[PDB]
Visitor: 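Quick one: the structure is below, and I'll ask about it shortly.
Order of sequence lines = order of chain letters (A, B, ...). Shown for chain A, in order and in the PDB entry numbering: 21-130. Here the PDB entry sets the residue numbers for chain B, with the shown residues being 20-137 in order. For chain C, we keep the numbers from the PDB entry: what you see runs 77-617, in order. Method reported for this entry: electron microscopy, 3.7 Å. Start at 1 and go down the list; that is how both ligands and their atoms are numbered.
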Amino acid sequence: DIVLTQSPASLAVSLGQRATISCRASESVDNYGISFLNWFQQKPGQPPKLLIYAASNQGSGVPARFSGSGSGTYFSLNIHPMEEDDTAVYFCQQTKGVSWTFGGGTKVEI
Amino acid sequence: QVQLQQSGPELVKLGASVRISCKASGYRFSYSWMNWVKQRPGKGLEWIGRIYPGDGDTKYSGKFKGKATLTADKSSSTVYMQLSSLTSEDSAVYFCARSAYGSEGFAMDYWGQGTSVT
Amino acid sequence: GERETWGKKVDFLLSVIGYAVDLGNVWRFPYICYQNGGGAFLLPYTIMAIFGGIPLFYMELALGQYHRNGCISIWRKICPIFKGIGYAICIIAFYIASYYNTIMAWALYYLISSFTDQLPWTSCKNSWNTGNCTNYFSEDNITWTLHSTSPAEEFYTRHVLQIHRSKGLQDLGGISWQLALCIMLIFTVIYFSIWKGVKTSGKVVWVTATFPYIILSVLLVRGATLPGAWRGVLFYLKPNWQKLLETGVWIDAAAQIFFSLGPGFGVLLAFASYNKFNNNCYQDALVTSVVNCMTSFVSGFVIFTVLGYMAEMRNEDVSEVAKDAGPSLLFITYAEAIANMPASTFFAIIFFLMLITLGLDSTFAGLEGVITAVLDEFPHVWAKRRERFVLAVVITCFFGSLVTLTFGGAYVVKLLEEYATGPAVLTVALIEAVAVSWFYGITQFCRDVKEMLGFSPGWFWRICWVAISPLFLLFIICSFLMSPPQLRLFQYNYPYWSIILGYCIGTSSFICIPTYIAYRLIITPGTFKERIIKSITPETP
Ligand SMILES: N#Cc1ccc2[nH]cc(CCCCN3CCN(c4ccc5oc(C(N)=O)cc5c4)CC3)c2c1
Ligand SMILES: CN(C)CCCN1c2ccccc2CCc2ccccc21
């Protein structure tokens, strides 16, 4: 069981600014070079489509707006300035063993 | 292509048991995990357990090992999780996420429809 | 402060046969014995051994037993100008203890990571990619792809080596702490085995050198019991006389027999320099070679009965089954076969135990050689405190081996394996043999052996040391002195500057010989003729 602290839990960002979402943990989840962590997005009434592999590599069928950076303990999701279509909840699901854990989610809106 | 399917919704009864199914197709499912999450209405996701059809390696977290025993049927391309002692808190949706290959960081690529129990 | 003799005669007879079989006889002999015919290789193995490895072995033993003066200080009694052989063999021992303990570190990691009831070679977990996984034969379906890799291969190249985090020799940053603290234990065992000289380095052999055989017996039994043993043993013993025509089989056989018997590396001298004078230096130099050959033969049976079982299970002939280098051939396919065996978690523990024990005593001997050499070279600043300078040589070898334990790992280990054992070591051995044979008159080298044993050497060794060994060493030198080095491990083509690096590593040796030759010719006075004639004859005070 790893603790996944997220902040800020709510981003009141408008159209045209680069919002940020932090995700810290005790580990040090960097394992075998590929930092075991992911980023999701749960639109209201939808399954959590995946965003980022290993907090750096893009997912599948996703625009290049959702970037990714960080290694070790501090993982950040520096989303490109977006419009009101990407209003959802973003989770930070690590994958380092043995029991994975989901974040708290940071809902974004104008 | 990869796509997953689940069963329909059920009813939450005090102490009853329910068997949530989850199909798989379009890939060699005998080597990819089949996660399970619980997204309660209004709150964030919560990891339930894990399974690996082909070796029987299952993991859990926070007493979910005695409340949800996962079972993988590698014949009909389906995975199960026999819930038990359904407390009023267990009335939520139950996705069936497919963990990707290990080199990608165990990415939950494809998700089922969601077997909500109420 | 006399020469500390061995505990018993068997105390040295076992130490030398522990030093003999290190890793060639356990993985390289079958891998080099199936590529070259299979049955047409044992004949160019035996008729090359008897001609170029056993006479050198007996010459080293007789020299060390008569002179009793080590490796670097024996040249002041053989040929003064060739005293650089000691410094050259010390540099060689440094490079080789640098690249050689990494394999033992990998084996110890496999040992300490095999205590789990389910070995981590059957499943396919996080650090082991699944997109190219599944090539393990324990599957009913016939799904296969040329890109798929077995889980044991991913365990060897992604968990212990972490070679996926290194694009080659261009960058190898990051050190494997789990291996950095794993090789430290092995070097601690080495120092605590050779921290007293021979009184403990002989007693450790009583359990380190005979234990690999006790494990090889049961492994051979289990392999012969396997369902599909004969399908592999037949291929191991199938002769292809059309392969014997090419000189490649002869070159490989000569290289294998030389680097398996290991004559002239400054260790057999240091060993024979300890036992008594009247000891039988013939009945122990003639049994060690045949014991090494029989060990290689039995280990070939083991490896190839396992490979035959694996091929029979994978529904495919023995070809196209783990065609790669030696360490891969022992850590991937054999590891998978062990993980699929019925009584798993036991045929892995004992296998890695034997794999580390038949390397520990070998490294003990390889370091004790140069230790005794440098000790009896300077008996005033040394030979009074042997507790020290062994810590020094161990820390030196460890700090030199700290580059082979990075995430690059095999990318440097293969280089130091196929460059530090090239024409440098063979030129050192050739110069040693031509100094003991041509310069130092073999008439005296027969008179002393006769007065030591009780009978002069027969006409077999009398003609070989002067015509066969210095010729079969010149041949083995000029063989791959022109062959293009094309290392290419793990589908990684080495850059061109790697060739210059290997040339410089080879030049690190065989530079001490001309250096000391010049340094000795300048000091002696007179014209060139007397300057030569002075430092050819032994001191003899
Ligand atoms: N300087 C220089 C220089 C110049 C020009 C060159 N062209 C090519 C080279 C080097 C190419 C590799 C040469 N090999 C290959 C294999 N090989 C060997 C075979 C059997 C064995 O068995 C064992 C064991 N049991 O340890 C060990 C062991 C080792 C020893 C040497 C080279 C180098
Ligand atoms: C080749 N087996 C049989 C000898 C033992 C290992 N030995 C080796 C190993 C490979 C090549 C040459 C040498 C020379 C002897 C030496 C000296 C110091 C440390 C290791 C080694």
Visitor: Help me out: which chain holds the greatest share of contacts with ligand 1, per UniProt?
Guide: Sodium-dependent serotonin transporter
Visitor: Hey, which drug is sitting at ligand 1?
Guide: vilazodone
Visitor: Could you check which other chains have heavy atoms less than 4.0 Å from vilazodone?
Guide: C
Visitor: Help me out: UniProt transmembrane segments of chain C, from the N terminus, that have a heavy atom less than 4.0 Å from vilazodone, which are they?
Guide: 1, 6, 10, 11, 12
Visitor: Identify the organism of origin of chain C according to the PDB entry.
Guide: Homo sapiens
